[PDB]
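Some notes on the structure that comes next.
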Amino acid sequence: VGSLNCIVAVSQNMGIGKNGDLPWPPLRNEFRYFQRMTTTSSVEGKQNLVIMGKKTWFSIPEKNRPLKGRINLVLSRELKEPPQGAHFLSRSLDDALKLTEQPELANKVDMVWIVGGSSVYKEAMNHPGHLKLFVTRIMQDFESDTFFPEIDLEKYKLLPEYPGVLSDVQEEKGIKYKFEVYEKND
Ligand SMILES: NC(=O)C1=CN([C@@H]2O[C@H](COP(=O)(O)OP(=O)(O)OC[C@H]3O[C@@H](n4cnc5c(N)ncnc54)[C@H](OP(=O)(O)O)[C@@H]3O)[C@@H](O)[C@H]2O)C=CC1
Ligand SMILES: COc1cc(Cc2c[nH+]c(N)nc2N)cc(OC)c1OC
């Protein structure tokens, strides 16, 4: 309860994506791993609440939306009503987090998962409480427009091998990448 988990991928050049798209082509392993990973709930009888940005939402194909298995939440400050296909909408991060933290929703929601974008990470990056951050390093040079902020090792712990997550380097379509785990101390 009241737990926040961050999960995002980044290129070896500290890249996240260009024009709202990942530097590397669609990865069947990265896509399945992400879904299967989030789908893997620790507590039975509960649902996971994920939050995505406007860019991320519009970037996700309708073929997958709404994403079954988990509740999709979009963060929009300009929009008044939630977008078609979305489960809920929040004006700000504090609003979405506060609502999910409230007993009213706490009964239905237990843990939260951040699925981008950088804007959401930036706001959450200033969280005082304990928070988890999953960074995937892609061993390959690719073009990117947005850069990811450097994580403080003094505050964040480098977890190369964590239970549930694979440590071995995967390879798809000639693209090698590794999953890294980061934990922030309170
Ligand atoms: N390697 C990877 O796994 C992944 C990589 N990426 C890359 O990273 C990029 C991340 O894009 P992103 O940083 O979101 O792009 P932008 O900052 O350009 O847009 C994000 C939008 O999200 C909404 N938003 C974000 N934070 C808040 C907040 N606190 N309150 C209200 N609304 C908020 C806003 O929408 P409104 O305009 O409606 O206010 C904002 O315009 C992707 O485009 C992609 O290139 C993205 C996902 C995964
Ligand atoms: C869950 O589906 C998608 C999720 C994401 C975001 C995303 C991708 N990969 C990783 N490692 N973290 C993320 N937050 C980007 C996508 O396309 C760019 C998706 O396809 C719909």
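Following the PDB entry, chain A shows residues 1-186, kept in their order. Technique stated in the header: solution NMR. All ligand and atom numbering here is 1-based and tracks the order in the structure. The figures that follow rest on heavy atoms only: side chains count, while hydrogens, waters and symmetry mates do not.
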Ligand 2: drug: trimethoprim
Chief contact partner of trimethoprim - name in UniProt: Dihydrofolate reductase
NADP(+)-binding residues (UniProt) of chain A within 4.0 Å of trimethoprim, heavy-atom distance: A9
UniProt domain, chain A, most residues near trimethoprim: dhfr
Organism in the entry for chain A: Homo sapiens
Residues of chain A binding substrate per UniProt, non-hydrogen atom under 4.0 Å from trimethoprim: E30, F31, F34
Contacts of trimethoprim at 4.0 Å, non-hydrogen: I7, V8, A9, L22, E30, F31, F34, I60, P61, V115
